[PDB]
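Below is Poly [ADP-ribose] polymerase with olaparib bound.
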Amino acid sequence: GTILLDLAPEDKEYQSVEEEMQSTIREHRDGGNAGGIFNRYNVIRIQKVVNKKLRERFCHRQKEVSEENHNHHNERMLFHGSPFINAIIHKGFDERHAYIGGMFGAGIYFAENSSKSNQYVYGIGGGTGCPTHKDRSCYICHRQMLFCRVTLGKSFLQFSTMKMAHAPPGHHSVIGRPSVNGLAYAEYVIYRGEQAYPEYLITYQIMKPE
Ligand SMILES: O=C(c1cc(Cc2n[nH]c(=O)c3ccccc23)ccc1F)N1CCN(C(=O)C2CC2)CC1
Ligand SMILES: [Zn+2]
């Protein structure tokens, strides 16, 4: 059973989440087609996801990865956008639904830039936008994204497409780094659902630039 705990805006924990969300917005190559046009979000609320069973699976794997990486689990807080956010907060991430179409193959994808995750909230390339207005740039409808704890362990650096089914030998994750001819922004990939915990559930709106 998942329990959603509201965080007060005056709480330093709420402020840290909003600060990372706002500060990591960037301009995307698609000129805002997938996620919309905006320089800031309006944060509606931030809830902590509490689930004992999911936490135990996460901590158990974190100990295993720590033992395989000279006692460093290498956790990072990263964003994830998905139309299936309800299933994620109740059952956790699931590699059985890993992104077949991804540049690093069938893994679970995360971004260090909140605006890159916002491109996936309504589907691949923003699908057809919000259910109500069918607008990928809707300023009215409340969106939701996750800010997750992700166990990276020994991360495998890549610049180019390399379709994998699992992390490479001796590794626990794959990080696609930006390059002039390749990625504009980073992407973090894990191949096991228990290497991520959906810590924060952010409800927000993109704001129309003035
Ligand atoms: O990893 C994906 C996934 C990711 C993407 C890409 C993606 N999605 N979301 C992001 O924030 C992101 C950031 C950087 C680069 C790519 C992304 C597309 C379709 C997908 F199925 N999954 C889909 C949602 N997940 C689940 O376990 C759902 C509940 C069944 C986790 C696995
Ligand atoms: Zn809308």
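Since chain A takes its numbers from the PDB entry, the residues it shows come out as 1105-1314. Whatever order the structure lists ligands and atoms in, that order sets their numbers, starting from 1. Scope of the values below: all heavy atoms of this structure, side chains included, with no hydrogens, waters or symmetry mates.
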Is it possible to name all ligands or chains that make up olaparib, including repeats?
ligand 1
Shortest protein heavy-atom distance from atom 22 (N) of olaparib (ligand 1), along with the residue and atom involved
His1201 O, 3.3 Å
What part of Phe1197 sits under 4.0 Å from olaparib (ligand 1) if we count only heavy atoms: the side chain, the backbone, both or neither?
both
Hmm, which UniProt domain of chain A ends up with most residues touching olaparib (ligand 1), do you think?
PARP catalytic
Of the backbone atoms (N, CA, C, O) and the side-chain heavy atoms from C-beta on, which set of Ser1221 has a member under 4.0 Å from an atom of olaparib (ligand 1): side chain, backbone, both, or neither?
both
Among all the protein's non-hydrogen atoms, which is closest to atom 28 (C) of olaparib (ligand 1), and how far away is it?
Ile1192 CG1, 3.8 Å
With heavy-atom distances below 4.0 Å as the criterion, list the atoms of olaparib (ligand 1) near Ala1215.
13 (C), 14 (C)
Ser1186 neighbourhood, listing olaparib (ligand 1) atoms whose heavy-atom distance to it stays under 4.0 Å:
24 (C)
In this entry, what organism is named for chain A?
Homo sapiens
What is the closest protein heavy atom to atom 16 (C) of olaparib (ligand 1), and at what distance does it sit?
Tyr1213 CB, 3.4 Å
